[PDB]
Amino acid sequence: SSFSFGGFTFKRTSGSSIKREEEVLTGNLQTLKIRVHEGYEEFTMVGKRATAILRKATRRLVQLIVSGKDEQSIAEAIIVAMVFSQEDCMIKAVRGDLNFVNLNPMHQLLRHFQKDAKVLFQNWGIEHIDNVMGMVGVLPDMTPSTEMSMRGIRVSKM
Ligand SMILES: O=C(O)[C@H]1[C@H]2CC[C@H](CC2)[C@@H]1Nc1nc(-c2c[nH]c3ncc(F)cc23)ncc1F
C-alpha cells in the first residue's frame, strides 16, 4: 500500500480513507477538481534527503515531524506534506498573476509551491510550541525557533 509523490515514498501506518471527487477554490477564485481523501491517516514519508511522520485528517494536516539533510531538503518535504494534506490554506495560497492551473491537479499544486513556497508557508499560519528537546519549530523563512513554528510542523534531528 505504498505510493510515490514529490520524490517521497509514502507508506500508510494507521487509519483509512475513501475518495471523493470534489471542487476546491484557489486564492485566484479558480475551480479545481481534486480527489479528496476522507478520514484520519498516518503516513511515513521516505525520501533520499528527508524522512517525515505525517499525521493527517480530511483536508487537514494534524502533525508533521520532519528530519533531513539541511533546510532545503526539509522545506522540500514540508511542501509535499502541505500539498498532500489537501488543506484549504494551501489551495488558497495559489494566488496572483500567471499563477493558474491547466491530468492530475495535485502534481500541478506541487510544481507551483516548489517554484515558490513563500505565500504557502506565510499563509499556512504560525503556532506557539510547548518546549521539547530534539524537536524544534520552524518559521515560514525556514529559521529554527524554540518559541514558534508553522502550524503542526516540527523539525527533528537526524
Ligand atoms: O490521488 C492521486 O491521484 C494520487 C496522486 C496525488 C497524490 C498521491 C500520489 C499521486 C495520490 N495517490 C494515492 N493517494 C493515497 C492517499 C491516501 N490518503 C491521502 N490523502 C491525501 C492525498 F492527496 C492522497 C492520499 N493513497 C494511495 C495513492 F496511490
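Using the PDB entry numbers, chain A covers 21-122, 128-183, in order. As a basis for the values below, the full set of heavy atoms in this structure was taken, side chains included, without hydrogen atoms, waters or symmetry mates. Atoms within each ligand, like the ligands themselves, are counted from 1 in listed order.
- In this structure, the drug modeled at ligand 1 is VX-787.
- Per the PDB entry, the macromolecule making the most contacts with VX-787 here is Polymerase basic protein 2.
- Heavy-atom proximity to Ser24, at under 4.0 Å, picks out these atoms of VX-787: 9 (C).
- Heavy atoms of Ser105 come nearer than 4.0 angstrom to VX-787 in no pair at all.
- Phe104 O, 3.2 Å is the protein heavy atom nearest to atom 21 (C) of VX-787.
- Heavy-atom separations between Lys76 and VX-787 include at least one value shorter than 4.0 Å.
- For the pair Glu61 and VX-787, the shortest N or O to N or O distance falls below 3.5 Å.
- Considering backbone and side-chain atoms together, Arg55 places an N or O closer than 3.5 Å to an N or O of VX-787.
- Set against the non-hydrogen atoms of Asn129, the atoms of VX-787 under 4.0 Å away are 3 (O), 5 (C), 6 (C).
- Taking only non-hydrogen atoms, the option from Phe23, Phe25, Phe30 nearest to atom 27 (C) of VX-787 is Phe23.
- Residue contact check for VX-787: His132 places a non-hydrogen atom closer than 4.0 Å to it.
- Atoms of VX-787 lying under 4.0 Å from any heavy atom of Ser37, numbered from 1 in the order shown and given with element: 17 (C), 18 (N).
- The set of residues with a heavy atom less than 4.0 Å from VX-787 is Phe23, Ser24, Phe25, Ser37, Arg55, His57, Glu61, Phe63, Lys76, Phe104, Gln106, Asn129, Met131, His132.
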